[PDB]
Every structure is written in C-alpha cells, then in structure tokens.
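Here, lamivudine is shown bound to Deoxycytidine kinase.
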Amino acid sequence: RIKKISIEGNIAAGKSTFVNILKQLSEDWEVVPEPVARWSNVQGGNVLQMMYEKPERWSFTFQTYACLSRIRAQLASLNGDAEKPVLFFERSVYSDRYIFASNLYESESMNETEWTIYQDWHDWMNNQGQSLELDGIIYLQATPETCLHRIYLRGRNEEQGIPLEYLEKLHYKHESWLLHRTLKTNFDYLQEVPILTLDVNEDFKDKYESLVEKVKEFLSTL
Amino acid sequence: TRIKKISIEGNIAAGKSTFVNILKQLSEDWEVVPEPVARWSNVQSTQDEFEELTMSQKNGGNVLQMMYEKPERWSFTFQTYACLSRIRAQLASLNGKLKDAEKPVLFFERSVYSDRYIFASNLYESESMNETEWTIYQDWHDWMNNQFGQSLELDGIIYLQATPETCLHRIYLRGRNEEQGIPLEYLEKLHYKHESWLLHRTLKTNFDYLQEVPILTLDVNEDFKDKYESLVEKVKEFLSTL
Ligand SMILES: Nc1ncnc2c1ncn2[C@@H]1O[C@H](COP(=O)(O)OP(=O)(O)O)[C@@H](O)[C@H]1O
Ligand SMILES: Nc1ncnc2c1ncn2[C@@H]1O[C@H](COP(=O)(O)OP(=O)(O)O)[C@@H](O)[C@H]1O
Ligand SMILES: Nc1ccn([C@@H]2CS[C@H](CO)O2)c(=O)n1
Ligand SMILES: Nc1ccn([C@@H]2CS[C@H](CO)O2)c(=O)n1
C-alpha cells in the first residue's frame, strides 16, 4: 500500500540530508534512516569501527548485522491511514548485498565460505521480507572526490581514514547497478523498478529547487 | 498449526537421529526434521536457474571444521548459519508435511533454543564469542523468534541423556570427520548446559512458555536393544499427555 522508494548513493553523497528535506514536503512522506548509530554502538561495541580496522576479521559480522538492522527498521516503519503514503528508505537490502557485501568479497575481506553463508542468509531472510519491495529508486550521484570531502565535513570518527580508492570502487558498483544497469541481482522485479538519477555534486543552494521537483515529477508516475 | 511440535535434545552423538528415525516408523502421523549438519560441513547457496543447467553445485567450505579449528574466529559465523539453516528447515516442514494426518507430530532434531542456550552460550562462556558477537547473535535470535510468533513453539521436549563418556565413544563410532578431535572436556561443558536446562530446569531463557513445557528425560547410555522397548512406551505415554 505504501510506496517504498530507496535513496542510494555513495558514503556522504548527501542521502540523509536530501531525504530529511524532502520529507517535510508532505505529511504523507516518512523516512527510514540507515541504522548507522546502532552500528557504532552495538546494543556497546563499535562494529562499524571493527570492520574498518580489521575488515578480514569483521566484514561478515558487520554485513550481517547491517542488513538485519535495516530489515528490522524498514519492517517496523511499514507497521506504523494516509492519502498517498510514501516511505523513503536510506539504502536497501540490495545495496547491502550487491554493493557493500559484494565489494568486501571482491576485496578478499570475506572469504568464499563467508560470502556463501551471507548470500544464503540474505536469500532466506528476504524471502520471508517480501513487503519491502521497492516502487522506485532515487540515485544521488556524487564523485568519489565530493564524497571524500563530505566525509571530512560530517566528521564521523570511524570514516576519517577512508581512502579515495575505496570510495572509487563503491562509486563504480553504484554506476554498474543504477546507471549502466549491468549489475545482475537475483531479485527479478528489480530490473523493472524506475530509477531517478540526481546529480548532487554541487553545494546545496545550487540545485535543490530543481531536485525536489524532480522527485515530485517522479513519485506521481508511480 | 494442528501439528504437535516435539524437540529431541541431547549432546553430540547421544543417539538422537538413531532413536527418532526408528521411532517415527511407529506412525504414519510422525515425521522428523533432521538437524542440517550436512549443510554446515558443505556450505552451499542456491544456484541461478540457468547457471544450474551447465554448472554443478560444487562442494563449498566446511564452516563446521572452521569452527572446531578456530572457535574464537568462526563461532559467531557458525552459530548464525546453524540457527538460520535450522529455522529454514523447520518452517518448511511445518508448512508442508503431515497435511491431512490424523494426529500429526513433528519431531525436531534440536531446536533454536538449544542453538542459543546450549551451543552459542557455551561458546560465549568459553571466550570464543566476544561481547559484540554475543550481543549481535542474541539480538538476531530474539528478532527472528518475535517474527514467527507461535509458529515454532514447542509442545514438548524429549531429552536423551547420555554421559559425556558415552557421547565421546559414540562420536568415534559414527566417525564424522570433523568431530574426531573433540575432547571430553567440551562434551562435559555441553552436558552440564543440557542438565541445567532440561533436568534441573534452572537455566533461564528469554521465552517464558519454556519454563512450563513438558519434558521427558530418557537415559540412553545402554546399548540400543537393551532399553528401546521401555523408551518407546515412555514416549507414547508422554505424547498422549500433551
Ligand atoms: N549538496 C550538498 N552540498 C554541501 N554539503 C552537503 C550536501 N549534501 C550533504 N552535504 C553535507 O555532506 C555531509 C554528508 O551528507 P549526509 O546527508 O550525511 O550523507 P549520506 O546520508 O549520503 O551519508 C554532511 O555534512 C552534509 O551536511
Ligand atoms: N543406544 C545406542 N547403542 C549403540 N549405538 C548407538 C546408540 N544410540 C546411537 N548409537 C550410535 O551412536 C552414534 C551416534 O548416534 P546419532 O543418532 O548419530 O547421535 P546424534 O543424532 O545424537 O548426534 C552412531 O554411530 C549410532 O549408530
Ligand atoms: N551494508 C553496508 C551499508 C553501509 N556501509 C558503509 C559503512 S557505514 C556507511 C554509511 O554510509 O556505509 C557498509 O559498509 N555496508
Ligand atoms: N548450534 C549448534 C548446533 C550443533 N552444534 C554442534 C556442531 S554440529 C554437532 C551436531 O550434533 O553439534 C553446535 O556447535 N552449535
């Protein structure tokens, strides 16, 4: 019943900022924030930090918890009577698996066993899920350079050592999935989901007017 | 459902598969969900529908071996997969077996409760899971049980009690490769966890109904022929009380 729109894009592209703006446009519109605070303080251990520090040890543990915490929050938001309700997800279980987890496996931060377990867990976990299927995707496109700068602006302690090259790899995965559309998932419906690509490289005064209305254009078509 | 759910609990090589797979012949209304141990020693995920036509399903990793070789590294990963693969197998069997049976009884080889309160809990207590790992695991376990509500709830538990020494001997008899280095001390710690949960019933769990769930305790230390009759009798009596 609720339209579910995922906001995708690289680390610090400006997804939280944008959706928190967008949501004031309508009482019918709510956000499900990416549960990053629950990753910083496991409840507490900093599993986010452990993964950045020791990715060969902690990537699988991190990735499983990330995805579980997202499903939990997204499902909780669907449960709690509006004209045209829209729920904006900050990222999705598909970016969890096909971007982040996948990149860790490609980097050898998860081994073949860990990647197999992750995929089997993800397959089953989402096959139960079901009510989380997306009606649309908004891709906020920023260059890895922009993302690096915004990382510094925001000042999340765990993120400060992130190298440009890591952001580059993440950028290429997003481009393969959402712009080139060469990234194959095993979720069949996903190949028919409309994607709205917004460029957010400029300082926010420069284009935010046009961006909000593009989202308005987009949502009325779903 | 109308299906009665009975868990069979007990230590490694106590004789649960053997007993229950012979017992289930006694009625066409009785079926078993085996423990997915083969899925743990050969880790595999689903093939794409076109890929499976031209590529074999290959032997994957052995997370069971990895856990035994290095518990402090692999325990969390193993326990998470163990529990997921169990829930998958049990749910599928609930929604598919014993359709139109008169008095259906599904016997589970162990339960999600033993996954958490025996095995995972033992690993945490042995410093094979750290606080972060143990917190994550418990949180995931809690959430999954909330989800299914009463689906997997047990009507009864059968506890097959065997000494750690007996279990150790039976491990050798069975000769599962990954179990061959298991020391008496590990079996003993597991034993004490079962006794607290099922016999003395002092072990507290996050699931209130468990404290009331009926438990049958069977001593399975004797050679199989020596007690089987008596055991079958006790199980039939127990089931008629549920
Ligand atoms: N368009 C923009 N122009 C200038 N700063 C931005 C812009 N979008 C986001 N920022 C700033 O960049 C940082 C990252 O934005 P945030 O929305 O937290 O990213 P994300 O949610 O994608 O990780 C924050 O400090 C934010 O205020
Ligand atoms: N009562 C018994 N007497 C002699 N052998 C037994 C008895 N119960 C089980 N066994 C043998 O012990 C080994 C372990 O039994 P199994 O049913 O596989 O244990 P579990 O399922 O509890 O791990 C097997 O080799 C099996 O044939
Ligand atoms: N499944 C996910 C989701 C997000 N991330 C990273 C680490 S936290 C940061 C939030 O943008 O993104 C991640 O590494 N894996
Ligand atoms: N959650 C579980 C379930 C079973 N085990 C062990 C390893 S496999 C063996 C089968 O009896 O038991 C375990 O270590 N953890």
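Lettering of chains follows the sequences in order, A, B, ..., and the numbering in each one begins at 1. When a ligand or atom number is given, it counts from 1 through the structure's own listing order.
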Inset, instruction - Please list the parts of the model that make up lamivudine. - result: ligands 3 and 4
Legend entry - 4.0 Å heavy-atom contacts of lamivudine (ligand 4) by chain: B
Inset, instruction - State if B/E178 counts as touching lamivudine (ligand 4) under the rule of any non-hydrogen atom under 4.0 Å. - result: no
Legend entry - Identity and distance of the protein heavy atom lying nearest atom 15 (N) of lamivudine (ligand 4): B/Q79 NE2, 2.9 Å
Legend entry - UniProt ATP site of chain B, residues within 4.0 Å of lamivudine (ligand 4) by heavy atom: B/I12
Inset, instruction - Give yes or no for whether the N/O distance cutoff of 3.5 Å, strictly under, is met between B/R86 and lamivudine (ligand 4). - result: no
Inset, instruction - Look up the source organism of chain B in the entry and report it. - result: Homo sapiens
Inset, instruction - Report yes if B/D115 has an N/O atom closer than 3.5 Å to an N/O atom of lamivudine (ligand 4); otherwise report no. - result: yes
Legend entry - UniProt active-site residue nearest lamivudine (ligand 4) in chain B, with non-hydrogen distance: B/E109, 8 Å
Inset, instruction - Check if B/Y68 has a non-hydrogen atom at a distance under 4.0 Å from any atom of lamivudine (ligand 4). - result: yes
Inset, instruction - Compare B/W40, B/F119, B/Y81 and give the one whose heavy atom is closest to atom 6 (C) of lamivudine (ligand 4). - result: B/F119
Legend entry - lamivudine (ligand 4) near UniProt substrate-binding residues in chain B (heavy-atom cut-off 4.0 Å): B/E35, B/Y68, B/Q79, B/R110, B/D115
Inset, instruction - List the closest protein heavy-atom neighbour of atom 4 (C) of lamivudine (ligand 4): residue, atom name, distance to the nearest 0.1 Å. - result: B/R110 NH1, 3.7 Å
Legend entry - Binding-site residues: lamivudine (ligand 4), 4.0 Å heavy-atom cut-off: B/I12, B/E35, B/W40, B/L64, B/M67, B/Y68, B/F78, B/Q79, B/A82, B/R86, B/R110, B/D115, B/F119, B/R176
